[PDB]
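The following structure holds tazobactam (bound form).
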Amino acid sequence: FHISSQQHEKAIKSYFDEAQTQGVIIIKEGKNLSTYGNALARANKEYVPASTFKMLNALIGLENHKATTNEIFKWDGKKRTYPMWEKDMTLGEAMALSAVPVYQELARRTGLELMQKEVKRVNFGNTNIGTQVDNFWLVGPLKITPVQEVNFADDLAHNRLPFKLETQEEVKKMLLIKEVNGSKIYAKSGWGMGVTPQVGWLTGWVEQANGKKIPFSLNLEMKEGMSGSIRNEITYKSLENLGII
Ligand SMILES: *C(=O)/C=C/N[C@@H](C(=O)O)[C@](C)(Cn1ccnn1)[SH](=O)=O
């Protein structure tokens, strides 16, 4: 449609301005990184990964036989943050619901020693998990930049992470969040509420009908009374604006 670069940049900036926050979205086409939004310097700043870490948590647990994809993690009957989490679920269902307690159980099964060795082997973010195996991705000290998140998504989309092909495919199946005219969007959201300022993520890739995979990572400041779906809305509008979906 012969739209200028300046127009795409202004349009995507306006999506973040209109949400009254500050954020970036990084897109990778082949080997080229493009950064859009209203706070471009966020691209190389470190933030806690929050629930985006569930992707790597699942890879590590499955690869090291701490769970299977069919295993049901039973609700223990204790009050959880959301009623929707007060049920028995597989890793895949827990992924879609972002169910922290299930992923905490998986991290505890893995254990601190194996988790640190695996996070190092994958070279995820600053690779530091500290000494608490069940919350390091929520409150620190683990941190990652939006550029590193988009590169992680690109490696996963292409089966390039240091895990069996089968492990990567099993986790990818858990991440399908939308279909749009022959395009499929795979992504994981994150919301770091236990850090200030709060951080929101949506990191994934578009698989186009022709098979091409386009990784992205949205990163923004979450604020009071903001809905979680703003992450999806900004991401989808940006991807549509760029003709990616
Ligand atoms: C993944 O990003 C899950 C985040 N869960 C948050 C939330 O949903 O608000 C809680 C509060 C856990 N969390 C995030 C940061 N510090 N704690 S929820 O699981 O109780």
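The residues of chain A that appear here are 31-275 by the PDB entry count, in order. Whatever order the structure lists them in is the order used to number ligands and atoms, beginning at 1. Hydrogens, waters and symmetry mates are skipped; everything else that's a heavy atom, side chains included, is used.
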For tazobactam (bound form, ligand 1) in this structure, which bound macromolecule has the most atom pairs within 4.5 Å, going by the PDB entry?
beta-lactamase
Distance filter under 4.0 Å to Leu168 heavy atoms, resulting tazobactam (bound form, ligand 1) atoms
14 (C)
Show the atoms of tazobactam (bound form, ligand 1) that are less than 4.0 angstrom away from any heavy atom in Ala80.
2 (O)
When you compare tazobactam (bound form, ligand 1) with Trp115, is there at least one nitrogen or oxygen pair between them that comes in under 3.5 angstrom?
no
Hey, could you tell me which residue and atom have a covalent bond to tazobactam (bound form, ligand 1)? Or is it none?
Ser81 OG
What atoms of tazobactam (bound form, ligand 1) come closer than 4.0 angstrom to any heavy atom of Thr111?
18 (S), 20 (O)
For tazobactam (bound form, ligand 1), find out whether one of its N or O atoms is nearer than 3.5 Å to an N or O atom of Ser128.
no
Output yes when a protein non-hydrogen atom is found under 4.0 Å of atom 15 (C) of tazobactam (bound form, ligand 1), and no otherwise.
yes
Looking only at N/O atoms, are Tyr112 and tazobactam (bound form, ligand 1) under 3.5 Å apart anywhere?
yes
Enumerated tazobactam (bound form, ligand 1) atoms positioned under 4.0 Å from heavy atoms of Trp221
2 (O), 4 (C), 14 (C)
Atoms in tazobactam (bound form, ligand 1) flagged as close to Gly220, the criterion being non-hydrogen separation under 4.0 Å:
2 (O)
What atoms in tazobactam (bound form, ligand 1) come closer than 4.0 Å to a heavy atom of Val130?
3 (C), 5 (N), 19 (O)
In the PDB record, where does chain A come from, organism-wise?
Acinetobacter baumannii
Atoms in tazobactam (bound form, ligand 1) flagged as close to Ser81, the criterion being non-hydrogen separation under 4.0 Å:
1 (C), 2 (O), 3 (C), 4 (C)
Would you say atom 10 (C) of tazobactam (bound form, ligand 1) touches the protein, meaning some protein heavy atom is under 4.0 Å from it?
no
Tabulate residues with any non-hydrogen atom nearer than 4.0 Å to tazobactam (bound form, ligand 1).
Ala80, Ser81, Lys84, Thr111, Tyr112, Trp115, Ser128, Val130, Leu168, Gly220, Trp221, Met223, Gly224
